[PDB]
Peer 1: 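This is the structure I have questions about; it appears just below.
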Protein chains: 2
Amino acid sequence: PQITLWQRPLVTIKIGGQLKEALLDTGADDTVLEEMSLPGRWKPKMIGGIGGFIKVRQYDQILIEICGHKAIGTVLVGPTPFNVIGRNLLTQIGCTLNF
Amino acid sequence: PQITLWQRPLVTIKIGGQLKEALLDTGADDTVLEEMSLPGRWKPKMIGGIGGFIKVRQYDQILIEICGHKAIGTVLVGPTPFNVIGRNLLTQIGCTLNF
Ligand SMILES: CCC[C@@]1(CCc2ccccc2)CC(O)=C([C@@H](CC)c2cccc(NS(=O)(=O)c3ccc(C(F)(F)F)cn3)c2)C(=O)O1
């Protein structure tokens, strides 16, 4: 659909059999979610943002349903303050910025 | 313009006569720029990011040109890893998320 920016661009996602709420963040290269259990092996990684770095666990080839939209891609799990859907999966669902 | 996200959504801003590179970020509510001087008095503000909170310098009614569009609102100045343009100014340029 079309999303205006008067409010935070919050969407519901589905992952690991858990329905969740996320932020569509176009400034994020990656997708970071609050702590959770995902299947398969993961690697430790460090991602920075406003505030500095947080250690995260990186899961690859993950299926996510955003706005009833399937998408597969890398997902990082860690001590994030908020769930954030990055460009990494935003491209996959054809998201653009218009103005 | 219509901006895709396979690349960072970097744009050129004109701020205080200087051209700068900023990021269009729907995930941020406010505009946070790298350390720089600006006119007037500033109020203090604490902002939370992915990796923690940071104090910043709040500046109101600042003139910022983003891709030719003229905006005038609040600008946070602080230790940010990158110049970020938030919802406060995106709503001003009439920026939406499409899909
Ligand atoms: C201005 C703060 C808002 C925000 C955090 C979001 C938030 C929203 C509501 C409540 C709580 C938190 C959103 C934002 O886009 C990021 C950024 C960097 C600008 C961000 C977000 C997610 C991941 C990262 N790590 S990264 O490797 O994907 C990365 C690293 C750097 C860049 C750069 F282009 F921003 F430098 C972008 N992405 C960074 C952030 O660090 O804080």
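To find a chain's letter, count down the sequence lines: the first is A, the second B. In order, the residues displayed for chain A correspond to 1-99 in the PDB entry numbering, which applies throughout. Numbering of chain B is taken from the PDB entry, so the residues present carry the numbers 1-99, in order. Start at 1 and go down the list; that is how both ligands and their atoms are numbered.
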Peer 1: Which macromolecule in this structure makes the most heavy-atom contacts with ligand 1, going by the name the PDB entry uses?
Peer 2: protein (HIV-1 protease)
Peer 1: Which one of selpercatinib, elexacaftor, irinotecan, tipranavir was assigned to ligand 1?
Peer 2: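 Of selpercatinib, elexacaftor, irinotecan, tipranavir, it's tipranavir.
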Peer 1: I'm mapping contacts for tipranavir (ligand 1). Which other chains have a heavy atom under 4.0 Å?
Peer 2: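 Non-hydrogen contacts: A, B.
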Peer 1: Binding site of tipranavir (ligand 1): which residues fall under 4.0 Å, heavy atoms only?
Peer 2: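 By heavy-atom distance, that gives A:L23, A:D25, A:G27, A:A28, A:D29, A:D30, A:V32, A:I47, A:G48, A:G49, A:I50, A:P81, A:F82, B:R8, B:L23, B:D25, B:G27, B:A28, B:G48, B:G49, B:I50, B:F82, B:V84.
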Peer 1: Would you mind checking which non-hydrogen protein atom is closest to atom 28 (O) of tipranavir (ligand 1), with the distance to 0.1 Å?
Peer 2: A:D30 N, 3.0 Å
Peer 1: Should you measure from each heavy atom of B:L23, which atoms of tipranavir (ligand 1) turn up under 4.0 Å away?
Peer 2: 34 (F), 35 (F)
Peer 1: In terms of residue, atom name and distance, what is the protein heavy atom nearest to atom 1 (C) of tipranavir (ligand 1)?
Peer 2: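 Ranked first by proximity to atom 1 (C) of tipranavir (ligand 1) is B:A28 CB, 3.5 Å.
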Peer 1: Tell me the protein heavy atom at minimum distance from atom 38 (N) of tipranavir (ligand 1), and give that distance in Å.
Peer 2: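 Going atom by atom, the protein heavy atom closest to atom 38 (N) of tipranavir (ligand 1) ends up being A:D29 N, 3.0 Å.
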Peer 1: Run the numbers for me: atoms of tipranavir (ligand 1), each under 4.0 Å from some heavy atom of B:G27, listed by number.
Peer 2: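 Under 4.0 Å from B:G27, tipranavir (ligand 1) has these atoms: 8 (C).
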Peer 1: Which species does the PDB give for chain A?
Peer 2: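 The entry records the organism as Human immunodeficiency virus 1.
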Peer 1: What do you reckon, does A:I50 have a nitrogen or oxygen under 3.5 Å from a nitrogen or oxygen of tipranavir (ligand 1)?
Peer 2: yes
Peer 1: Which protein heavy atom lies closest to atom 23 (C) of tipranavir (ligand 1), and at what distance to 0.1 Å?
Peer 2: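 The answer is A:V32 CG2, 3.8 Å.
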Peer 1: When only distance counts, is A:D25 in polar contact with tipranavir (ligand 1), meaning an N/O pair under 3.5 Å?
Peer 2: yes
Peer 1: Checking the N or O distance criterion of under 3.5 Å, is tipranavir (ligand 1) in contact with A:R8?
Peer 2: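 There is no such contact.
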Peer 1: Nearest protein heavy atom to atom 19 (C) of tipranavir (ligand 1), by residue and atom, and its distance?
Peer 2: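 Minimum-distance protein heavy atom for atom 19 (C) of tipranavir (ligand 1) reads B:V84 CG2, 3.7 Å.
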Peer 1: Would A:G48 count as being in polar contact with tipranavir (ligand 1), using the rule that some N or O on each side must be under 3.5 angstrom apart?
Peer 2: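 So tipranavir (ligand 1) has an N or O lying under 3.5 Å from an N or O of A:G48.
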Peer 1: Which protein non-hydrogen atom lies closest to atom 36 (F) of tipranavir (ligand 1), naming both residue and atom, and how far is it?
Peer 2: B:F82 CB, 3.8 Å
Peer 1: Could you tell me, atom by atom, which parts of tipranavir (ligand 1) come under 4.0 Å of a heavy atom of A:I47?
Peer 2: 25 (N), 27 (O)
